[PDB]
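Here, residue 1 is the first one in the sequence, and each next residue gets the next number. Ligands are counted one by one from 1 in listed order, and the atoms in each one are counted from 1 as well. Header says: X-ray crystallography, 2.4 Å.
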Amino acid sequence: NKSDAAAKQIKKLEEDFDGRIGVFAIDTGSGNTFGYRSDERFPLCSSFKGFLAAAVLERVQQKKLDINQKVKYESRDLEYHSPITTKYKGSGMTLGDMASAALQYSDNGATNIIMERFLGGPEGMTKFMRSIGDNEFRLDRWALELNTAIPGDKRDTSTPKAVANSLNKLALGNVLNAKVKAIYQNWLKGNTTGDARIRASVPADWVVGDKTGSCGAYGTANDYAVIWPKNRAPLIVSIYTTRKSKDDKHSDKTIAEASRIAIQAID
Ligand SMILES: *C(=O)[C@@H]([C@@H]1N=C(C(=O)O)[C@@H](S[C@@H]2CN[C@H](C(=O)N(C)C)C2)[C@@H]1C)[C@@H](C)O
């Protein structure tokens, strides 16, 4: 019945903005879950950088890469929205600093470079996801081309459920060892682009790590988070939104509100 009411509220919240909300949330402490449209597909946008950072950390763990290796790119034409990589064009960044820049600032330069040299491109990223048992994720195109968010296009989509599951496996599970998992946890905690999303849905005492995405088309936006509540087991919250018209703008407020509803549903 708690479930059924949470769902009516998402239903209404989506009609209010003329769009389409996908929700999955997990209380790791009880196993309780809430999903609404949790098996529908939605554009990832930048949200895949969260996973991309994880794949980097898996390669570091496997000893294929070193976390402090220098990454030089002094002749690159840096993609738009490369706020961190721009400031070190001349000197390069450590692999680790670069990966975290990709997560924490949605830096497209960091993203595309990492995917070029270390990850085998979009197919390699899809391969990583498969390898932790995520069958829904697909990345098709590179950082700046994956944002078209066209209704009915499976390219560069996942589902709220798959995203949530993957996040749990990565941020809380055993894909990454204790040391490496903690690093990844801190990277998520230091996300700078999520203040109006899932962060705005919880008491300010709770610690959140997250990755956002904003397609800038079809008013498509999303956020997924691990949440550490006061003296309580972790929650995972996954929220994805699209809108009916190409020109529509995304809605932080809707995302924050669907998060509130989702957290209550599993509470
Ligand atoms: C991917 O989705 C795109 C980038 N990732 C974003 C995000 O994480 O939500 C968006 S919004 C971006 C956050 N930094 C900018 C900012 O601080 N404001 C202008 C205030 C906006 C971002 C476009 C993109 C890289 O493809």
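The drug name recorded for ligand 1 is meropenem (bound form). The largest share of close contacts with meropenem (bound form) comes from the chain named in UniProt as Beta-lactamase SME-1. A covalent bond joins meropenem (bound form) to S46 OG.
For atom 13 (C) of meropenem (bound form), the nearest non-hydrogen atom of the protein is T193 CG2, 3.7 Å.
Here is the list of meropenem (bound form) atoms found below 4.0 Å of a heavy atom in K49: 25 (C). Residue contacts with meropenem (bound form), taken as heavy atom pairs separated by less than 4.0 Å, do not involve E145 at all.
Using a 4.0 angstrom heavy-atom cutoff, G216 does not count as in contact with meropenem (bound form). Considering only non-hydrogen protein atoms, atom 23 (C) of meropenem (bound form) sits nearest to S214 O, 4.0 Å. Considering only non-hydrogen protein atoms, atom 25 (C) of meropenem (bound form) sits nearest to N108 ND2, 2.8 Å. With a heavy-atom cut-off of 4.0 Å, meropenem (bound form) reaches these UniProt beta-lactam-binding residues of chain A: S46, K49, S106, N108, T212. Put simply, atom 19 (C) of meropenem (bound form) has no protein non-hydrogen atoms near it, under 4.0 Å away.
Looking only at heavy atoms of the protein, atom 2 (O) of meropenem (bound form) is closest to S46 OG, 2.1 Å. Distances below 4.0 Å separate heavy atoms of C45 from the following atoms of meropenem (bound form): 2 (O).
Checked against a 3.5 angstrom limit, the closest N/O atoms of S106 and meropenem (bound form) fall inside it. There is a protein heavy atom closer than 4.0 angstrom to atom 9 (O) of meropenem (bound form). Applying the 4.0 Å criterion to heavy atoms of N147 picks out, from meropenem (bound form), the atoms 26 (O).
Counting heavy atoms closer than 4.0 Å to meropenem (bound form), residue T212 contributes atoms from both its backbone and its side chain. Nearest protein neighbour of atom 14 (N) of meropenem (bound form), counting heavy atoms only, is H81 CE1, 3.3 Å.
In chain A, the UniProt-annotated active-site residue lying closest to meropenem (bound form), at the minimum heavy-atom distance rounded to 1 Å, is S46, 1 Å.
Within the structure, the closest approach of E79 to meropenem (bound form) does not fall below 4.0 Å when heavy atoms are considered.
Short contacts between meropenem (bound form) and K211, defined as distances under 4.0 Å to a heavy atom of the residue, involve ligand atoms 8 (O). Binding site of meropenem (bound form) at 4.0 Å, heavy atoms: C45, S46, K49, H81, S106, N108, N147, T193, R197, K211, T212, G213, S214.
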